[PDB]
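Counting begins at 1 with the first residue of the sequence. Computation of the quantities below employed the complete heavy-atom set of this structure, encompassing side-chain atoms and omitting hydrogens, waters and symmetry-equivalent molecules. Start at 1 and go down the list; that is how both ligands and their atoms are numbered.
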Amino acid sequence: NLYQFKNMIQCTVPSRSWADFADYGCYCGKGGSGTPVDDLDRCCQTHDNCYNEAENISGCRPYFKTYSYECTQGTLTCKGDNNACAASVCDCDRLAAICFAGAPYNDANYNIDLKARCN
Ligand SMILES: CN1[C@@H]2CC[C@H]1C[C@H](OC(=O)[C@H](CO)c1ccccc1)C2
Ligand SMILES: [Ca+2]
């Protein structure tokens, strides 16, 4: 669920608050369209596409589905006690959190004008 995703990010990128990723580029956050603006935005596009896939699973609501995961000692793990939906969503979030940590953050790309720049 989104609370868990926030915590994955807080755990893989403790140097930056999480709100830093909540409205970035064309894909991080509410946004979902256009040319990704940089590598971090690409991490968000993959994440967004991963959620759209998970939504194909019956009753599967990625923002809301509570899954089972752990973050400690630098490692994030989706646990084996996850159903198909939980496992899929947990995987999307884990991959995105890892991606976020490896991607440069560009202050210029925070809170861009989606309507004009993401067609
Ligand atoms: C309800 N939340 C979603 C749609 C609008 C808001 C904020 C969104 O934020 C994100 O999509 C990013 C990137 O996945 C994110 C960053 C930090 C916490 C939660 C989500 C998801
Ligand atoms: Ca999005």
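For ligand 1, the chief contact partner in this model is given in the PDB entry as Phospholipase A2 isoform 3. This structure shows the drug at ligand 1 to be atropine. Scanning all protein heavy atoms for the shortest distance to atom 5 (C) of atropine (ligand 1) gives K30 CG, 3.5 Å. Protein heavy atom nearest atom 9 (O) of atropine (ligand 1), with residue, atom name and distance: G29 CA, 3.5 Å.
Nearest protein heavy-atom neighbour of atom 17 (C) of atropine (ligand 1): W18 CE3, 3.2 Å.
Source organism (PDB entry) for chain A: Naja sagittifera.
Annotation: atom 6 (C) of atropine (ligand 1) to nearest protein heavy atom, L2 CD1, 4.5 Å. Nearest to atom 3 (C) of atropine (ligand 1) among the protein's heavy atoms is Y63 CE2, 3.0 Å.
With a heavy-atom cut-off of 4.0 Å, atropine (ligand 1) reaches these UniProt Ca(2+)-binding residues of chain A: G29. Residue contacts with atropine (ligand 1) for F5 involve side-chain atoms from C-beta outward but no N, CA, C or O (heavy atoms, distance under 4.0 Å). Remark: minimum distance from atom 12 (C) of atropine (ligand 1) to any protein heavy atom is reached at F21 O, 3.3 Å.
When each atom of atropine (ligand 1) is checked for a heavy atom of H47 under 4.0 Å away, the hits are 14 (O).
Binding site of atropine (ligand 1) at 4.0 Å (heavy atoms): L2, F5, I9, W18, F21, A22, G29, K30, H47, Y63.
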